[PDB]
Amino acid sequence: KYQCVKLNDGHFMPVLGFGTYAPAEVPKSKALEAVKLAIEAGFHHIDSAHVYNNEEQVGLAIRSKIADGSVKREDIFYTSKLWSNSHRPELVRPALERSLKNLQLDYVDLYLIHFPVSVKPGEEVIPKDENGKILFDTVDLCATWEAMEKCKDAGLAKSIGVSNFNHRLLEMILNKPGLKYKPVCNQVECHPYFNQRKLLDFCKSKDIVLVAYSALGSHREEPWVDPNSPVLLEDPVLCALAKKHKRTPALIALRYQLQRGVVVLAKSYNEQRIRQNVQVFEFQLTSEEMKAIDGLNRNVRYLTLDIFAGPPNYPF
Ligand SMILES: NC(=O)c1ccc[n+]([C@@H]2O[C@H](COP(=O)([O-])OP(=O)(O)OC[C@H]3O[C@@H](n4cnc5c(N)ncnc54)[C@H](OP(=O)(O)O)[C@@H]3O)[C@@H](O)[C@H]2O)c1
Ligand SMILES: Cc1cccc(Nc2ccccc2C(=O)O)c1C
Ligand code: NA
């Protein structure tokens, strides 16, 4: 058994997820070993994406653990994400099926719209013109969403959701004439320096789960993240709470999310840290400790994704 939350479509999501993105200088081979160690440690939820360029390795890890009798397919919750070069409705299903081929899995447990700005179709994930300009595309995300719906009805994705959506863009889906399925989640950056209270409340009001990425303060990969931003895990309050509990600042940051109702992701490719992170279910924070952490909020977004700023759907 393991801790899950009931989604708005009746499926269940494990509340701690294993993140699989690593910077390009880390070999892809490392994704295979890390996902096997995450499964061994007790992770039951594995988050990836077409754009992570690791679905071969992550799928092999999952298939290996199923084939050797370690885990059943029903006890793995695997998320993929539709990249922005495939927002056009007729391209949605092919992108899912391409991911499933790479993974050699029959279905994903969750498919997200990765990011609300569209880019021109093609193999290139950030297509550029000869002058280095990103080739943006104009697509009705409500059409993209109907396509997602169809993937769910086809059994290819057990649940569907969104990522990097703001209030306006969520409302656009929720108010769509003819909506069949609400997004089960909105996967967004969330940690004690950017705690997303407002958006979290809104998602709650709609029974949408907020899933937190960069919950440990991100990879800090240049050029995605400003190296001058504060290092989350060096925070003196998180570090004092860690000392107090004989845990670590990471565990405090993970636990904070769980207690506020957020499903939380954590990436590590390090065996010791992978095993450490599951210890989030071994302790609890008091109401005063939670308030202390709430007080750390500083409107610091690590991942602005500002190379996609300009188009109307840019969400920040
Ligand atoms: N939807 C989106 O747009 C989007 C965006 C960003 C991320 N994501 C997803 O969310 C996942 C996690 O976010 P993220 O990659 O930004 O990273 P993160 O989980 O915030 O942090 C990863 C970093 O923390 C380190 N770490 C992990 N456990 C630790 C611990 N116990 N003590 C100290 N350091 C620890 C990792 O190093 P080691 O590997 O060396 O332990 C890595 O440097 C990604 O992998 C991806 O699945 C989604
Ligand atoms: C290398 C590469 C190419 C295209 C997209 C991404 N990453 C993202 C872009 C926008 C939104 C989210 C991500 C992500 O890493 O999840 C990366 C890392
Ligand atoms: Na990561």
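Positions are given from 1, in the same order as the sequence printed here. Values reported hereafter were calculated over all heavy atoms of this structure, with side chains retained and with hydrogens, waters and symmetry mates removed. One-based numbering, in listed order, for ligands and for the atoms of each.
Comparing fospropofol, cladribine, mefenamic acid, thiopental, phenobarbital, the one located at ligand 2 is mefenamic acid.
In this complex, the main macromolecule engaging mefenamic acid (ligand 2), as named in UniProt, is Aldo-keto reductase family 1 member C2.
Residue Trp83 places no N or O, backbone or side chain, under 3.5 Å from any N or O of mefenamic acid (ligand 2). Looking at mefenamic acid (ligand 2), you'll find an N or O of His114 within less than 3.5 Å of one of its N or O atoms. Close contacts between mefenamic acid (ligand 2) and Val51 involve ligand atoms 3 (C), 4 (C), 5 (C), 6 (C) [criterion: under 4.0 Å to a heavy atom].
Per UniProt's substrate-binding annotation of chain A, a non-hydrogen atom lies under 4.0 Å from mefenamic acid (ligand 2) in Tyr21, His114, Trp224.
The closest protein non-hydrogen atom to atom 11 (C) of mefenamic acid (ligand 2) is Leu305 CD1, 3.5 Å. Residue contacts with mefenamic acid (ligand 2) do not include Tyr213, since none of its heavy atoms lies under 4.0 Å from the ligand. Atom 17 (C) of mefenamic acid (ligand 2) has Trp224 CZ2, 3.7 Å as its closest protein atom, hydrogens excluded (heavy atom only). The nearest non-hydrogen atom to atom 15 (O) of mefenamic acid (ligand 2), considering only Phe308, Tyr52, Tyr21, comes from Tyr52. Closest UniProt active-site residue, chain A versus mefenamic acid (ligand 2), heavy-atom distance to 1 Å: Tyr52, 3 Å. Residues of chain A that UniProt gives as binding NADP(+) and that have a heavy atom less than 4.0 Å from mefenamic acid (ligand 2): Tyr21. Binding site of mefenamic acid (ligand 2) at 4.0 Å, heavy atoms: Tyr21, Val51, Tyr52, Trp83, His114, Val125, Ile126, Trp224, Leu305, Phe308.
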Any protein N/O atoms within less than 3.5 Å of an N/O atom in mefenamic acid (ligand 2)? List the atom names and distances, or say none.
from, atom 1, to, atom 2, distance (Å)
mefenamic acid (ligand 2), 16 (O), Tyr52, OH, 2.8
mefenamic acid (ligand 2), 16 (O), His114, NE2, 2.7

